[PDB]
Amino acid sequence: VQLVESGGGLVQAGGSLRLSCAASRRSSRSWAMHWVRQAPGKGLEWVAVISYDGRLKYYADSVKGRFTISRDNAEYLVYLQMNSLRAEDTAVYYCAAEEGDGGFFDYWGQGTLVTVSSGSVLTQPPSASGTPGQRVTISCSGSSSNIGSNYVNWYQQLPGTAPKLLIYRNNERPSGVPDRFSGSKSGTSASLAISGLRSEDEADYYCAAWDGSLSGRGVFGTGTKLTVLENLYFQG
Ligand SMILES: CN(Cc1cnc2nc(N)nc(N)c2n1)c1ccc(C(=O)N[C@@H](CCC(=O)O)C(=O)O)cc1
């Protein structure tokens, strides 16, 4: 199962660009489909969601009134129509899939880059580091409306790759995520714990929840860059 975005490229400010998200296989389950974007060198920003039947849509405040999400279930395509494009919309655009109302993105496309030419917040520590074998913790603090009212998920983004689900529903691990990774949630905060730190763990880590009067909008944490130091932690 592979999601494939297309339609990216260079576009003039004020123009309209339509992105598409296709799937390598069809599913018997019902999937809400999302768009998530990431400006070069910046964090993930949730953009929009469409319900399985197209009845319900939600948008981030930064794109409301300009972007339209739609889907063609017969052709098995999801669209993001980006109108009135601004320089600030320059980003890699991912389409992501959520089964029903689970609240976590199981599948991500590779993303498509959009360059526009002009010529509440989940707080995370910006940087974390440790030596091999050590245990590192990464906090994510929100409010009663987001973390205090929803499951918290965690996503890992290795350099030059699409984000991947790491922890869902506060503390559950997908198949293929070792028990070294563990999540917890208490009140308005959550934390990701990485024990037995390894070189492969060097990546960006994002917490994620939902917000709004009915938690209809997605929200990603500010992001934490984890560095696995090429150093010992003995005294000497
Ligand atoms: C999330 N999704 C892609 C998906 C779903 N709905 C869409 N809906 C629209 N309108 N457009 C798409 N791009 C689209 N893509 C999936 C998810 C899982 C499976 C999948 O695991 N299929 C298994 C069978 C198990 C299953 O049905 O889930 C297989 O072997 O083919 C396929 C597609």
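We count residues from 1, following the sequence as given. Because only heavy atoms are used, hydrogens play no part in the values below, and waters and symmetry mates are left out as well, while side chains stay in. When a ligand or atom number is given, it counts from 1 through the structure's own listing order.
- Located at ligand 1, the drug is listed as methotrexate.
- Looking only at contacts, the largest set of contacts to methotrexate (ligand 1) comes from what the PDB entry names Anti-CD33 conditional scFv.
- Residues with a heavy atom within 4.0 Å of methotrexate (ligand 1): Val1, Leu3, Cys21, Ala22, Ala23, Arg25, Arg26, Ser27, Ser28, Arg29, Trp31, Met33, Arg71, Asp72, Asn73, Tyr76, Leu77, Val78, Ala97, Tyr107.
- Checked against a 3.5 angstrom limit, the closest N/O atoms of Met33 and methotrexate (ligand 1) fall outside it.
- In terms of N/O distances under 3.5 Å, methotrexate (ligand 1) is approached by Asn73.
- Lab note: per PDB, source of chain A = Camelidae mixed library.
- Atoms of methotrexate (ligand 1) found under 4.0 Å from any heavy atom of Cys21, numbered from 1 in the order shown, are 13 (N).
- Contact atoms of methotrexate (ligand 1) toward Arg26: 22 (N), 31 (O), 32 (C) (distance under 4.0 Å to a heavy atom of the residue).
- Atoms of methotrexate (ligand 1) found under 4.0 Å from any heavy atom of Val78, numbered from 1 in the order shown, are 9 (C), 10 (N), 11 (N), 12 (C).
- Set against the non-hydrogen atoms of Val1, the atoms of methotrexate (ligand 1) under 4.0 Å away are 16 (C), 17 (C), 18 (C), 19 (C), 20 (C), 21 (O), 32 (C), 33 (C).
- For methotrexate (ligand 1), the atoms closer than 4.0 angstrom to any heavy atom of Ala97 are 1 (C).
- Atoms of methotrexate (ligand 1) found under 4.0 Å from any heavy atom of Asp72 (numbered from 1 in listed order, with element): 10 (N).
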